[PDB]
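So, a structure with itraconazole in it.
Going by the PDB entry, the residues shown for chain A are 8-534, listed in order. Both counts, for ligands and for their atoms, begin at 1 and track the order of listing. All heavy atoms count here, side chains included; hydrogens, waters and symmetry mates do not. Determined via X-ray crystallography, 2.3 Å.
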Amino acid sequence: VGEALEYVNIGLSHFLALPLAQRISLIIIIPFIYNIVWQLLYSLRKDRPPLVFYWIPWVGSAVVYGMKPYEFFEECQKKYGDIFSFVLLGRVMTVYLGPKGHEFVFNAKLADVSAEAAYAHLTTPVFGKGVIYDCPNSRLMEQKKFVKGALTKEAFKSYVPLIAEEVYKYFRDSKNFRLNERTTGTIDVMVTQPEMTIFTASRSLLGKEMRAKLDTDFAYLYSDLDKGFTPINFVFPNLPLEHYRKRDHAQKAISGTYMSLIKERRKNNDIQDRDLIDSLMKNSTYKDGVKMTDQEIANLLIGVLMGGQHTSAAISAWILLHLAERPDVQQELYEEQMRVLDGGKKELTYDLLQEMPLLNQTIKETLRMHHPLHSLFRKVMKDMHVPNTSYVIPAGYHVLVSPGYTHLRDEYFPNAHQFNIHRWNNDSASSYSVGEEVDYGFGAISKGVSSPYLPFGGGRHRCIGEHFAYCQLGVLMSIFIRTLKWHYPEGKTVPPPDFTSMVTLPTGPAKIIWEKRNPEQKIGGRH
Ligand SMILES: CC[C@@H](C)n1ncn(-c2ccc(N3CCN(c4ccc(OC[C@H]5CO[C@](Cn6cncn6)(c6ccc(Cl)cc6Cl)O5)cc4)CC3)cc2)c1=O
Ligand code: HEM
């Protein structure tokens, strides 16, 4: 009876007097044992979705999920159906696949889930404080409104010639091309596209000064800042190491430069309508009267530029890679250019961009096959019951949604792993609210998010960058197509995606060989 409790205390005491060898081994064994025990008991619960079994505690299914998340999702879906959890480096991720999954996560009430609690630890160090995910959602909603205010049809009309100019400059000056000197060459598209993207997006969103500053050793700070933008930071945001310091330094130095330009313009009253900076200078007052600081303005510009950097660089990379084994498509895109721009005797404008459906379909189809963000997350804040199920997702869990996975299902996109731009005949718009709409603070967007095609997400956290992305990728590709033909080195094909990077970029080196359609044509201007 009571002799039992004595031997508990005795057994407790003999424990701590075990040989240290057996002691260190014990400290490994019993959480291992317990984990299996706990998993097995968890399986009983009918108000929890299935949990993918894992051996190593805490680590969970991290390695298999990290390397091939869609193959992992496919497997889990065969066995368990569309709702299932899995452990990932100390967190419980509840996946919900398919259009119902989109509905569950993207249209989750503000009360139930938090994007900032899922994302802030990565982004805040990189972008800086007070903006995006380092603030309440209603602040974010309004920051998105402010940014959108520089992303208008008239802005795109003026961006097009500037982006065009940057792309031509790059063909002229970059070692990777130099078209006034070489008629053919080889490039790594994972070198060329990040540079082309930063050059074109700096010039148009940030302006001529911030573009100019890229022709200096200031450019090294973007590289530094970029290295804090990696998934590692989702779990180790701050570690006393050098690249964590090069990041912190870069955020300060880059934001300082933007603040310098901003304060400079206010000084001379040079606030026009040129770029996103001008725009945020005129329009960054919240509905409660608080103005964003010059520091928050600058931090937001870093965020925006960083966001648009990696998604677009990735996509232009993939477009080049898919087109390299598809001279039929290159030929077809080339004809559309000849028709819409009168054999090239018409200058590219934003309006004419809208009359190039095949081009835009190519972007659309590349966005389907290569969603740059394979997993979007939220942290669960209030217990969530899953509709038409017994399941309840408790606070402290995370939900994971993956439209990119659905993009690659034959059920919704017949022959989903074939690149086919003609599957978007009669549907070349970047996206569009198929029905009723809703405004979270940054404009009216689709109310339903059940579309199997969701390259830009949906709900309150929806992308506001899609028309800029289409504008930028569209001018870029229009010119690539008109200027060059390109193909793979012998025996090379489309590389598989890297799923461990921030975006699903191509696995390197991803090389193509280009050649000038007109070996004799020259790009003017000085260099
Ligand atoms: C350790 C073992 C190894 C095998 N392993 N184990 C696990 N993993 C792993 C897991 C998951 C992932 N990732 C990939 C990246 N991913 C992700 C990245 C960015 C992201 O961004 C969401 C928010 C914040 O950033 C932006 C991105 N963006 C959207 N449009 C443009 N960019 C964002 C929004 C707004 C602004 Cl202003 C800027 C930015 Cl960057 O949206 C969401 C998910 C999460 C899963 C990678 C590796 C591994 O590598
Ligand atoms: C091909 C290009 C891009 C794709 C496919 C893409 C995709 C996405 C997706 C899926 C989301 C939602 C994330 C989530 O719900 O967790 C998102 C959010 C967002 N993106 Fe993009 N993006 C692209 C480019 C851009 C560009 C160019 C900009 C700015 C110019 C931008 C700015 C933003 C912003 C401000 C948000 C809101 C984040 C939030 O509300 O939490 N993106 N994007």
Which of the ligands or chains here are copies of itraconazole? ligand 1
Mind checking which chain itraconazole touches most? I'd like its name from the PDB entry. Lanosterol 14-alpha demethylase
Which organism does the PDB entry give as the source of chain A? Saccharomyces cerevisiae (strain YJM789)
Heavy-atom distance to atom 4 (C) of itraconazole: which of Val70, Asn240, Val311 wins? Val70
Atom 33 (C) of itraconazole within contact range, any protein heavy atom under 4.0 Å: no
For itraconazole, is any non-hydrogen atom under 4.0 Å from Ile139's backbone (N, CA, C, O), its side chain (CB onward), both, or neither? side chain
What are the atoms of itraconazole, with element, lying closer than 4.0 Å to any heavy atom of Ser508? 14 (C), 15 (C)
Just to check, does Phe463 reach to within less than 4.0 Å of itraconazole when the distance is taken from its heavy atoms? no
Show the atoms of itraconazole that are less than 4.0 angstrom away from any heavy atom in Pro238. 46 (C)
Does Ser382 come within less than 4.0 Å of itraconazole, judged by its heavy atoms? yes
Quick one: which itraconazole atoms are inside 4.0 Å of a heavy atom on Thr318? 31 (C), 32 (N)
Answer yes or no: does an N/O atom from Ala69 fall short of 3.5 Å to an N/O atom of itraconazole? yes
Kindly state if atom 42 (C) of itraconazole has a protein heavy atom within a strict 4.0 Å cut-off, that is, under 4.0 Å? yes
Only heavy atoms of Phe506, strictly under 4.0 Å: list the atoms of itraconazole that pass. 46 (C)
Contact atoms of itraconazole, heavy-atom distance to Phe384 under 4.0 Å: 44 (C), 45 (C)
May I ask you to list the atoms of itraconazole that are less than 4.0 angstrom from any heavy atom of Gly73? 7 (C), 8 (N), 9 (C), 48 (C)
For itraconazole, which residues make up the site at a heavy-atom cut-off of 4.0 Å? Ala69, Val70, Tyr72, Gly73, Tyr126, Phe134, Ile139, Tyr140, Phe236, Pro238, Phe241, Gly310, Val311, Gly314, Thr318, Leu380, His381, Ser382, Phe384, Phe506, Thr507, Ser508, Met509
